[PDB]
Amino acid sequence: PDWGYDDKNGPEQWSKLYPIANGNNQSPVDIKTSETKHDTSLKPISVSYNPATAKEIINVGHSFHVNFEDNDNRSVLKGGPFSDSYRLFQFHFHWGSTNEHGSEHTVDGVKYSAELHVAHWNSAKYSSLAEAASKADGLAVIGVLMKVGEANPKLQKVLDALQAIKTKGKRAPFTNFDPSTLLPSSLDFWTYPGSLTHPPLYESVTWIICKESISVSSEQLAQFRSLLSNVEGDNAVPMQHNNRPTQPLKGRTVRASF
Ligand SMILES: Nc1cc(C(Cl)=C(Cl)Cl)c(S(N)(=O)=O)cc1S(N)(=O)=O
Ligand SMILES: [Zn+2]
């Protein structure tokens, strides 16, 4: 695994292997609210997820992923800036080494403690995730800023599952879960054209960033950081952080739905 988040293989070094790191549509960004453009043409975000599409949780070494069956349109995102239906395939989190930072997106310079990514691919235009992932209109990702405070009970199934995937490569079934339960009450959002926030950093993402945060406790964040990046039997290496710094807007417009 050439890339990671440590001093030698981390975000400031990704450009050596992935020159798109220094591109014009890189994510995440700082959303400066004085510079957002309210767009009257934005429709409300519509999510409709079937809990039976939940499939598997996986320790991928730098993070963990919760994957969904994506063979049909049982679980879809519509509305907002999109004409096309986008098919749910994954959610995951980013976090930092301490409570002070850990989100990827920031709002008016303010860093949150963690961030939820709910990822979808354009099944109107493309035939698979692998095809869509490199296309400018291929991916739609909802970002939710997670503010340290009260324990969030909606995270329970996810946190309880981590003990079965402690080390790199471990995976387990993760079923009967609707991740719309993790979204805030308001789906008021910012949107901008951007990228995956880690390699391969493709500029394929329409970002949908929620205005409203969701909560997370200090102890729930500790559960994320207690996951191990090493394989079973090796020296324990906690997953301390996996958030990328904010990237230059390079003249992009962040639009507001509100
Ligand atoms: N950084 C990143 C990478 C991927 C991956 Cl691992 C692929 Cl192999 Cl496409 C994906 S995804 N949704 O897994 O295709 C999303 C992101 S993110 N953090 O939401 O921008
Ligand atoms: Zn992410």
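Numbering starts at 1 and runs along the sequence shown. Remember, it's 1-based here, ligands and their atoms both numbered in the order they're listed.
Bound to ligand 1 with the most contacts here is the chain that UniProt lists as Carbonic anhydrase 1.
At ligand 1, of the options zidovudine, ethacrynic acid, mizoribine, clorsulon, the drug present is clorsulon.
Under 4.0 angstrom from clorsulon (ligand 1), the non-hydrogen atoms of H117 all belong to its side chain. Proximity by heavy atom, under 4.0 Å to clorsulon (ligand 1), holds for these of the UniProt substrate-binding residues in chain A: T197, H198.
Contacts of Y202 with clorsulon (ligand 1), taken as heavy-atom pairs under 4.0 Å, are absent altogether. Here's the thing with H198: one of its N/O atoms is less than 3.5 angstrom from an N/O atom of clorsulon (ligand 1). At a heavy-atom cutoff of 4.0 Å, clorsulon (ligand 1) is contacted by the side chain of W207 but not by its backbone.
For clorsulon (ligand 1), the UniProt domain of chain A with the most contacting residues is Alpha-carbonic anhydrase. Filtering the residues that UniProt lists as binding Zn(2+) in chain A by heavy-atom distance under 4.0 Å from clorsulon (ligand 1) yields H65, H92, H94, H117, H198.
Measured from clorsulon (ligand 1), other ligands and ions fall under 4.0 Å in these cases: ligand 2 (zinc ion). With ligand atoms numbered from 1 in the order given, clorsulon (ligand 1) contributes 12 (N) to contacts under 4.0 Å with heavy atoms of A119. By minimum heavy-atom distance to 1 Å, the UniProt active-site residue of chain A closest to clorsulon (ligand 1) is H62, 6 Å. Residues touching clorsulon (ligand 1) within 4.0 Å, heavy atoms only: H65, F89, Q90, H92, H94, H117, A119, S195, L196, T197, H198, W207.
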